[PDB]
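The following structure holds ibuprofen.
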Number of protein chains: 2
Amino acid sequence: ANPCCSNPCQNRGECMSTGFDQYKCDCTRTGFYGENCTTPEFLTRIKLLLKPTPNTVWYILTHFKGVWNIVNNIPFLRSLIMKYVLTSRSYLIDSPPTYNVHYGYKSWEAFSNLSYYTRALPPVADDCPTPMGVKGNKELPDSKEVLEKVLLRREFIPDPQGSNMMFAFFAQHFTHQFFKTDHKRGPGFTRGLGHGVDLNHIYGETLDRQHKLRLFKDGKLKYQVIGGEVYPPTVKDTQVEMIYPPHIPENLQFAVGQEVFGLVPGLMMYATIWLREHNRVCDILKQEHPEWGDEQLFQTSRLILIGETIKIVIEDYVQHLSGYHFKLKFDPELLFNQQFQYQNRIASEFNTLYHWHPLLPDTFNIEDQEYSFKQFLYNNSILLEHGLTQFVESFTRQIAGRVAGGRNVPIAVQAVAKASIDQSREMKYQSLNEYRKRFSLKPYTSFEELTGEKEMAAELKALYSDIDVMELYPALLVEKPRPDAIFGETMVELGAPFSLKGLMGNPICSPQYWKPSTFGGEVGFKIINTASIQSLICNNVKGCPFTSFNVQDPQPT
Amino acid sequence: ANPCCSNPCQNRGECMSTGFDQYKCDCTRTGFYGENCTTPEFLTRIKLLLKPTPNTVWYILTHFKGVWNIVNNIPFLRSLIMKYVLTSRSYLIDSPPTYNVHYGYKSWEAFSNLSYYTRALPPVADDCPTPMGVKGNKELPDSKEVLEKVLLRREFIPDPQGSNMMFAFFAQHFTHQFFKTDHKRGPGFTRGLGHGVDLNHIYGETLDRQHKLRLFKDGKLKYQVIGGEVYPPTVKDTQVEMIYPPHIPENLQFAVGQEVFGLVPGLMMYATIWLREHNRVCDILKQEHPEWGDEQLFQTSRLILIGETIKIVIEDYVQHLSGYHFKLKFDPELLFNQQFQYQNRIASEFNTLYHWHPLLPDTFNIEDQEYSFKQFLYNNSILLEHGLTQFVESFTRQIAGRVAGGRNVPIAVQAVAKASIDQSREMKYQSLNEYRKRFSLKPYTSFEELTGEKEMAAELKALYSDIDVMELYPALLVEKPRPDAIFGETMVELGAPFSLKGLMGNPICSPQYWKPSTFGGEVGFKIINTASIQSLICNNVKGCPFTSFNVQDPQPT
Ligand SMILES: *[C@@H]1O[C@H](CO)[C@@H](O[C@@H]2O[C@H](CO)[C@@H](O)[C@H](O)[C@H]2NC(C)=O)[C@H](O)[C@H]1NC(C)=O
Ligand SMILES: *[C@@H]1O[C@H](CO)[C@@H](O[C@@H]2O[C@H](CO)[C@@H](O)[C@H](O)[C@H]2NC(C)=O)[C@H](O)[C@H]1NC(C)=O
Ligand SMILES: CCCCCCCCO[C@@H]1O[C@H](CO)[C@@H](O)[C@H](O)[C@H]1O
Ligand SMILES: CCCCCCCCO[C@@H]1O[C@H](CO)[C@@H](O)[C@H](O)[C@H]1O
Ligand SMILES: CC(C)Cc1ccc([C@H](C)C(=O)O)cc1
Ligand SMILES: CC(C)Cc1ccc([C@H](C)C(=O)O)cc1
Ligand SMILES: *[C@@H]1O[C@H](CO)[C@@H](O)[C@H](O)[C@H]1NC(C)=O
Ligand SMILES: *[C@@H]1O[C@H](CO)[C@@H](O)[C@H](O)[C@H]1NC(C)=O
Ligand SMILES: *[C@@H]1O[C@H](CO)[C@@H](O)[C@H](O)[C@H]1NC(C)=O
Ligand SMILES: *[C@@H]1O[C@H](CO)[C@@H](O)[C@H](O)[C@H]1NC(C)=O
């Protein structure tokens, strides 16, 4: 019924119904005009000729290693490139946010209600004939069939880029601070009202939980020492709510910021490292400021760890994931003379695309043990038996799975993967090609162009019939990967805007915050600007073991 | 004890303790360097020579009426001036926000906790020797004595600018949507978690209250008709919580967005006008979109009324209050090529300076009745007896009191005025001269320079001894007014940054929102861009009576 169901407006023009069977497109500041915003302005069709494809840019960034070695050592030139990366990626994100799962039009409810995930594309209206608007059949293909035919893993497919379990668990630990779906309300709702990197997974979402976790001395968090090494406090000693099965011992009920981090020993590893890091910074600050009280010590340390996190995510995590030879840079100063909104709202589509289930291996290998999913889940005693040093040594060398390419979702989590498909449909996501156009990509003209092969493409065409009906999430997992890469084109061109915007949109990156006094002086400031994934492990893990997000990296001496 | 108690850092440099008896100033991006950020950079002392005083600028803006008539009719030039007004005023406001009543340093608690009012200046630390830091005596002078000697009204002093009760009640109705002090927690806390113009005083702070107020037909709010004219629904028919004394009839318990708007018939007048305006816009939208449902009709109308409000506040309310001959302009487009944060946090100091108690008259005059404060309070039957048309006619011609100048606070509200002084001290406000320097003003060297006279200045010197100890709020009320103006220098130079930032920092002013489709097409968009205080009354009050914020304005025909 709704005349906008066909998604007629192009180039980010907004569709509005003007009667029962008529629409109008708002082409304001899109660079286009005409009934569907498809006729380019003069300056627009000029930029369209010069603009290189995402695959062309990707090639240049992952080749010519010698040239980039020159660029990386020219500070003014490195700053210029990184500045363009930040601004060009951010422009794809609406800030202030607009639509959500219940609003295909802008409203004050959609803007102010922080319990929603925001939406990069408005949901398909309820009164549309087909799930994707007007194209395709009345029902989408069986999610169970899609899962079994192109998604399930027959044999483990390793990541060509060499991403290890240090990476996989960092990814899950880091993103679980702003990907906290409120399942009481629905998949379109969140419990992370910070909508970004506030480190609530360390300090707790609410003030009540924060105070239960704090020691109220030297600004430190509560802790216990087992075998000479520091671990999170117990549920008994703190009274914070954690999710543990009833058969778990009292001593092993670790209490951390996020309540689900007891699920995996891999998550509790990072929970422990950051806990040590917080208290480490506390003592350093107390050294500089013997006149400070507990409160200022805690708060300043939290700001520093926020800085450390963004520093690490950009210059180590994203750096590895990008595969670029260009040396990325965390420098808030780069945006001081640019137009940029220091705010961010977590998009539902960001949550969906980050469901990197193929990352998980068949077993978790520590020392000479091959723990299964059954053995690994909720077993914190594994962490105490081996210790963090052993965990780092083992996980640095265990490779993770290839996300794109298809048929690599471990069967142990097939229910979670199916849920990602169903909830995607429940939230009325638009098609893959609609999201590709949203992020300046050419739509796929066939299933073969999508997968880059024949066998999986044929299975999908039998299920979907039309390429313009193909769903976003399963496409991301079956998409033809870039040569020797972990991702396809769609994952990067969608993920990058969300990711970089969420990191730089933090208030500590704003000019009024980004100064030494905010972080307790030059010493505290330097902790942020020199932070790295290696230094984090080196300072907080026994023996200062070698670590990296890449199994391919040689360990010296 | 705290080495920063003396407020040593100048020009918005940040003070940090570096030991028990030492401090360091962060002069980053202040334009100054040196131990106290007082030594100008070369480019800084150049700008300092060219920059005219606030009083010089005020003179030029309130004189040369013939020249401004020329400027006002040159669109490109009018746009250029207004752009400079917006950007220069906004630069004085920290966005993202920083300090609050409990944090003299930046912290994540101060940033994320929306229940606080933010602070333009950090509070005086608890362990300081004197209330204002180091200067003055151990105790501030008796608030009751300050109130009676320089604040209380001996005889009504009318506003020279001619502000009427249409103005006074608009001011109280408008600002009560973001000045909602949570007295359960303290004076430093708020219930308006929108921190701006969200019109929660019309639609309710929470979704539950919003739904009780809505009709769920045509996007309209609930209403009743009495004597042919429309009024808000009752508490009985809606079950929303209103604050009424137990002796008020059932029919007279009007239910509106803000729960305290039953207090004054003047407030309920504007509550009624905006209620009619919402439903008026609903029908206009339904005309354009017969295919729209109740929800989209309500939401779009709310966005339009938000636009109308900001339009009216800038081009009528602030226009009158400023006394400028320059024709101000609400145009979000002016900031599209500028650096500006579309967000805002309500400052506690904004709340304090807006306590314009001298505005209130001795009696409220409607027709030939002279209602007292006792008779006027909670008496909605006054509103029904006379009607809105009568209210507008009478209030347009009744003059309000002069805010600055001193000795004009009505004795009926002396308790509220005293509370403003006490709570100001409780929240550990810094001195007047510290706030003047914060907003680029020269400190007052004596009490006589402050008041511009001798009698009140002498009374203050006996109470405070030092001019650098004079408090902010009582200074604002006794300050020497500009010639024939309602305010002194401090009220304008503090109020203007807060005010303009709060209006333009709204998300509907952002590029992604500011387009016809957001407001239901060109028709809805035009409602905003043509809105005025006269057209608001004309469209929603019987007979389309003449109205204005100035008693001096002649009524035609
Ligand atoms: C934000 O949106 C959610 C979802 O609509 C609101 O939660 C609803 O609240 C009403 C009553 O206020 C309940 O009857 C519904 O069951 C809730 N829905 C869901 C899905 O939980 C919420 O009230 C809105 N406002 C705020 C401030 O969160
Ligand atoms: C925001 O700040 C307020 C004030 O500190 C917090 O309210 C306190 O909450 C604790 C428990 O959470 C109570 O014991 C205190 O009595 C409260 N203080 C006041 C003054 O009301 C609030 O919890 C903070 N966090 C949020 C999310 O609002
Ligand atoms: C080659 C010099 C460094 C360029 C770094 C830019 C990397 C990200 O650039 C991206 O390019 C895409 C394709 O052009 C665009 O669609 C995106 O908007 C842009 O962010
Ligand atoms: C004369 C041409 C129009 C100028 C309009 C500027 C009005 C507000 O200008 C104000 O001037 C003050 C004193 O210089 C400054 O302290 C403020 O930062 C600035 O906002
Ligand atoms: C896909 C996303 C989650 C990770 C990612 C990968 C690459 C980049 C680079 C810096 C880019 O913006 O091109 C950013 C973020
Ligand atoms: C004092 C404040 C509450 C009202 C006010 C008065 C004047 C102005 C002008 C536009 C200015 O910025 O100079 C803005 C706001
Ligand atoms: C706009 O799109 C509609 C359907 O999406 C199509 O019928 C129409 O021809 C298009 N208009 C132009 C000018 O291309
Ligand atoms: C947890 O691991 C320990 C070895 O550290 C093992 O003995 C135990 O059986 C495991 N628990 C489960 C439920 O697999
Ligand atoms: C800075 O201020 C302190 C006290 O406020 C004063 O003693 C000192 O001399 C000042 N330093 C300079 C360089 O003016
Ligand atoms: C309210 O006003 C009416 C006149 O409209 C008057 O009769 C009544 O006494 C007033 N009530 C109070 C409490 O003053």
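Sequence lines set the chain letters: A, B, ... in the order given, protein chains first and strands last, and positions in each chain run from 1. In listed order, ligands and their atoms are each counted from 1. Structure method, as recorded: X-ray crystallography, 2.8 Å.
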- Task: Name each chain or ligand corresponding to ibuprofen, including duplicates.
- Result: ligands 5 and 6
- Query: Which macromolecule is the chief neighbour of ibuprofen (ligand 5) by contact count, per UniProt?
  - Reply: Prostaglandin G/H synthase 2
- Query: Counting heavy atoms under 4.0 Å, which other chains neighbour ibuprofen (ligand 5)?
  - Reply: A
- Heavy atoms under 4.0 Å from ibuprofen (ligand 5): which residues of other chains qualify? A/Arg89, A/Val318, A/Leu321, A/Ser322, A/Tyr324, A/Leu328, A/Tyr354, A/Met491, A/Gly495, A/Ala496, A/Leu500
- Item | Contacts by heavy atom under 4.0 Å between ibuprofen (ligand 5) and UniProt heme b-binding residues of chain A | none
- Task: Write out the substrate-binding residues UniProt gives for chain A that lie under 4.0 Å from ibuprofen (ligand 5) by heavy-atom distance.
- Result: A/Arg89, A/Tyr324
- Active-site residue (UniProt) of chain A nearest ibuprofen (ligand 5); heavy-atom distance: A/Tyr354, 4 Å
